[PDB]
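Let me begin by presenting the structure, written as structure tokens, before commenting on it.
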Amino acid sequence: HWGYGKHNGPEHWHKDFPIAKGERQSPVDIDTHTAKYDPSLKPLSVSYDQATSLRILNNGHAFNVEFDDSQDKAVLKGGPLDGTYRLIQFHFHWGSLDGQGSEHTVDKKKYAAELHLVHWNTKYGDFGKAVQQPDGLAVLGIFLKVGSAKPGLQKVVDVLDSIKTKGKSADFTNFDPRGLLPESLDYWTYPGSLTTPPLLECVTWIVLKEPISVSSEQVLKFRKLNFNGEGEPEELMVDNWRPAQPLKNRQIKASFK
Ligand SMILES: O=C(CCCCCCC(=O)Nc1ccccc1)NO
Ligand SMILES: [Zn+2]
């Protein structure tokens, strides 16, 4: 099955998922001098005050924090989006070393990790229908750099010991995702895809310009998770990122000059 190893990693995915070589694949390098400022872009509207987190899960390739998406509790609107997108889950991609781990890059610079807040367009009724549509998902991407600790991340860090191996889950209620946001909501946006199989081309990407800082100790704890299930040989969950893909016939737009 697919993964991030030498024998099943990103360079092999096209054999099972031919869309890997498609026209709107993610992630991409953001060339800041080629991005086009678009004055028609609206500020993002992030309404997370009523978010209800439920559970944290190690799915074998990352850990997901899942939210109740049965009502318009935590929504994303505005920016390049039409309509209302509900938050369903967030997860991270990270590296084995501080100088790699993000999926998107900025002028070829890699960050230590990248946070993806995943939202789906409510006009399609459920997440499984949304992923079949070119405007089905909106993913907020936030870069992590190593520096000062992020207090709002510590509750996530402290539960990771309980979900070390694939398939483990733990109750994770009352987590407020507003503690993961940077001060500024300036962003780049482009049409893209999921960065894991099935690589569907259903994502409006919104990548925030301002990184958040996390401490070395916080990211070190991400690197203690395991790709494997319990009782299987230990494989550390590191470098679960896909490299940048060709931009092809797409323009990256910026909300700021
Ligand atoms: O791809 C991304 C960003 C969006 C991830 C969305 C959640 C992953 C997911 O649910 N994938 C999936 C979709 C349809 C069918 C099977 C898996 N990051 O890796
Ligand atoms: Zn992701």
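Heads up, chain A uses the PDB entry numbers, so what you see runs 4-125, 127-261. As the structure lists them, so they are numbered: ligands from 1, and atoms in each ligand from 1. Header entry for method reads X-ray crystallography, 1.4 Å.
As PDB records put it, the drug at ligand 1 is vorinostat. The chain sharing the greatest contact count with vorinostat is, according to the PDB entry, Carbonic anhydrase 2.
Most residues contacting vorinostat in chain A map to the UniProt domain Alpha-carbonic anhydrase. In this structure, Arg246 has no heavy atom closer than 4.0 Å to vorinostat.
Close approach of vorinostat to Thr200 (heavy-atom distance below 4.0 Å) involves ligand atoms 1 (O), 19 (O).
Remark: minimum distance from atom 6 (C) of vorinostat to any protein heavy atom is reached at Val121 CG1, 3.9 Å.
Below 4.0 Å from some heavy atom of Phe131 lie the following atoms of vorinostat, by number and element: 10 (O).
Nearest to atom 17 (C) of vorinostat among the protein's heavy atoms is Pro202 CD, 3.5 Å. Residue contacts with vorinostat: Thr199 is placed with a nitrogen or oxygen under 3.5 Å of a nitrogen or oxygen of the ligand (distance criterion only).
Shown in contact with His96 at under 4.0 Å from a heavy atom are these atoms of vorinostat, numbered in order with element: 18 (N), 19 (O). Counting atoms of vorinostat from 1 in the listed order, those under 4.0 Å from a heavy atom of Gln92 are 7 (C). Every atom of vorinostat is numbered from 1 in the order shown, and the set under 4.0 Å from a heavy atom of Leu198 is 1 (O), 4 (C), 13 (C).
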